[PDB]
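Reminder, nothing fancy here: chain letters follow the sequence lines and each chain counts from 1. Ligands are counted one by one from 1 in listed order, and the atoms in each one are counted from 1 as well. When reading the values below, keep in mind they use all heavy atoms of this one structure, side chains included, and skip hydrogens, waters and symmetry mates.
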Number of protein chains: 2
Amino acid sequence: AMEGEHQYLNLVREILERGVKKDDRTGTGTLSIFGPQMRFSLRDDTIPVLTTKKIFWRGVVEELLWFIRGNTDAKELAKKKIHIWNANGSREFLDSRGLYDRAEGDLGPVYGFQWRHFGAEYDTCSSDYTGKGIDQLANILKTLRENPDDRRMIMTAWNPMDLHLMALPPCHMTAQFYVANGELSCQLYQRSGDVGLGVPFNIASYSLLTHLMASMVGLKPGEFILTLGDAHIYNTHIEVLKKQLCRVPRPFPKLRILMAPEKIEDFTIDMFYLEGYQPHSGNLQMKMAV
Amino acid sequence: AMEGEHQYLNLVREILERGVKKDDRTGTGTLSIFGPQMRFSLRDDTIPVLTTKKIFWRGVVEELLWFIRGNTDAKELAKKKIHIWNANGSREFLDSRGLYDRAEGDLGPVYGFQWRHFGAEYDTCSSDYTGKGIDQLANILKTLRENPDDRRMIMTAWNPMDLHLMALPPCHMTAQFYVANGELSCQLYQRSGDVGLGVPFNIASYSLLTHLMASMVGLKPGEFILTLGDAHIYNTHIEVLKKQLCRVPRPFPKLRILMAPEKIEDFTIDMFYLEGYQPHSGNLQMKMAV
Ligand SMILES: Cc1nc(=O)c2cc(CN(C)c3ccc(C(=O)N[C@@H](CCC(=O)O)C(=O)O)s3)ccc2[nH]1
Ligand SMILES: Cc1nc(=O)c2cc(CN(C)c3ccc(C(=O)N[C@@H](CCC(=O)O)C(=O)O)s3)ccc2[nH]1
Ligand SMILES: *c1cc(=O)[nH]c(=O)n1[C@H]1C[C@H](O)[C@@H](COP(=O)(O)O)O1
Ligand SMILES: *c1cc(=O)[nH]c(=O)n1[C@H]1C[C@H](O)[C@@H](COP(=O)(O)O)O1
């Protein structure tokens, strides 16, 4: 009752029991702890997609491919009926950030823009950024092939100069990669984690990324480590999360990668699938705080 | 046998027992694990300066104040008989990084330069950077006073655009601050930790920083959390660390702050002292791998 999905359930219990009350930015209110870490094995093809609640896997995949492409237009996700970024791209939300000149859906130089184009000057979400900025992700993949013992395989979205241009500052903010005994591991530093809503999705996302990167460079996936800053439960999620805690985890699913492309941004959903995913049938709704 | 200094001693043991053989940049060789976390209480004025090995406290203090001032000239530490940065500022080391125009001792836009002037253009270590770049540390102090529940109190030295100008990329790279029940906590993400040499010094440094910041903003110190990426023991340190593991820890010392100045960069060593530090007397030499 300590490994795998129990890492997440034990974190929920810890926050409910010893989390402190916080009047947060959204006005919803939270219970919070600082600095918890969870670790998930990616061996034997395992990927930690929660079974005690059905995770929006199609959204995980498409958001991740959108990040990997460096894209920042929420409308591209919305065309696929993935609406997870629409609220932070709305006219109202953008105006509240002082971003009056931004088109609706244009989140600014967020997440994957920093991963692929760190330091590039942002124009709009539809601009061509090919060859602009520092491609941290491509550089990591090269280092993994050529010098896997390197201790500097860092991918960050925390760019102080660009925060004011982003709809929200990055939650999952800096990742490091590591190789030992033919296995690729990833540690994510996440400054802020909505434990009921974003965190399960973010775990699935970076675990997927680690599997995809490993297949590009001839390694096997090792471990995904999530280290949180402010790990919080929104007051509106407490009752539903108590319900989730009564559920017994089932074995995690496996990822089957059918092929790997030449460049990571060419991965498409047809190149891999989730095998053996058996989430509990009762859907749990966690209203997004805004 | 788990709290306080045992956090560090148990990490040493863990690396010795299950660390994997990993070659490294210096050619010395290491045993390595990825992702370990250590937590230290700063309550009751405690500061986690190791007692199983004498730590160079005066060096910790002067290095930190140098960082806080945004300074980057190793020659200024050497004038104070603190030589810890001399090797990475040498002509030979700078030339090996391609930094041919850099004067000896000028480490570039490292650590505190990023903390106080993120994004500013670097000239030399003697240039005046007042008002240039983003003062992340000052911003954090303001936020702690005005909106302590904020989830963005981040101070980073990881600037992809400036890495090539640095004598070494930052080891201790990104810190986050947090407030609960009138206590200030700090979590440091450290991508690379030399467990025998740098890590004890880095623990003392960021714990001191947390004490000093709390005194600037009317809070009490809470916890210091160190989260490592590549946590490693150099092969040359194994025997001395095994000797250290035989020493019984004594209670950690206490930090006594005598006054707080108006701005954090005005702190001097006369404004605080270490009470009751009783380290084991037999000096343990961990040669720096270069
Ligand atoms: C307050 C806040 N918390 C979040 O976790 C968050 C997440 C995103 C983006 N993101 C990473 C996600 C948003 C929504 C997700 C999701 O998994 N939604 C599911 C379940 C929704 C529900 O249970 O009510 C879905 O739409 O199926 S995942 C944007 C702003 C945020 N804001
Ligand atoms: C390989 C490497 N490991 C490090 O830990 C490291 C640290 C620094 C800067 N730094 C943070 C420090 C360097 C030396 C320290 C120190 O505590 N020295 C003590 C003990 C020396 C010894 O026992 O051999 C001293 O000089 O008194 S603390 C620079 C390059 C590095 N390079
Ligand atoms: C942000 C986006 C993501 O992918 N994951 C997340 O959990 N979140 C959450 C954290 C927090 O609840 C909120 C961001 O608000 P803030 O910037 O921390 O105030 O979204
Ligand atoms: C860097 C400086 C510091 O304050 N603390 C550290 O522990 N180190 C160590 C980590 C590593 O052994 C070496 C830096 O080498 P690399 O850039 O990780 O290859 O110094």
Drug listed at ligand 1: raltitrexed
Chain with most contacts to raltitrexed (ligand 1) (name per the PDB entry): Thymidylate synthase
Contacting chains for raltitrexed (ligand 1), heavy atoms below 4.0 Å: A
Organism of origin for chain A (entry): Shrimp white spot syndrome virus (isolate Tongan)
Proximity flag A/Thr26 to raltitrexed (ligand 1), non-hydrogen atoms under 4.0 Å: no
Atoms of raltitrexed (ligand 1), numbered as shown, that sit under 4.0 Å from any heavy atom of A/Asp194: 1 (C), 2 (C), 3 (N), 4 (C), 5 (O)
Numbered atoms and elements of raltitrexed (ligand 1) in range of A/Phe201, under 4.0 angstrom, heavy atoms: 11 (C), 17 (O), 28 (S)
Distance filter under 4.0 Å to A/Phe56 heavy atoms, resulting raltitrexed (ligand 1) atoms: 25 (C), 26 (O), 27 (O)
Contact check: A/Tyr234 vs raltitrexed (ligand 1), nitrogen or oxygen atoms, below 3.5 angstrom: no
Element-labelled atoms of raltitrexed (ligand 1) that are located less than 4.0 Å from some non-hydrogen atom of A/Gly198: 5 (O)
Min heavy-atom dist A/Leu284 to raltitrexed (ligand 1) below 4.0 Å: yes
Close N or O approach (A/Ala289, raltitrexed (ligand 1); < 3.5 Å): no
Enumerated raltitrexed (ligand 1) atoms positioned under 4.0 Å from heavy atoms of A/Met288: 2 (C), 8 (C), 13 (C), 29 (C), 30 (C), 31 (C), 32 (N)
Per-atom contacts, raltitrexed (ligand 1) versus A/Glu63 - under 4.0 Å to a heavy atom: 11 (C)
Contact residues, raltitrexed (ligand 1), heavy atoms 4.0 Å: A/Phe56, A/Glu63, A/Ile84, A/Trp85, A/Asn88, A/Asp194, A/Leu197, A/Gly198, A/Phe201, A/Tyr234, A/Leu284, A/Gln285, A/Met286, A/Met288, A/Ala289
Output block, N or O contacts of raltitrexed (ligand 1), threshold 3.5 Å exclusive:
unit_1                 : atom_1 : unit_2   : atom_2 : d
raltitrexed (ligand 1) : 3 (N)  : A/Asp194 : OD2    : 2.7
raltitrexed (ligand 1) : 5 (O)  : A/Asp194 : OD2    : 3.4
raltitrexed (ligand 1) : 5 (O)  : A/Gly198 : N      : 2.9
raltitrexed (ligand 1) : 23 (O) : A/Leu284 : O      : 3.4
raltitrexed (ligand 1) : 23 (O) : A/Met286 : N      : 3.3
raltitrexed (ligand 1) : 24 (O) : A/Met286 : N      : 3.2
raltitrexed (ligand 1) : 24 (O) : A/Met286 : O      : 3.1

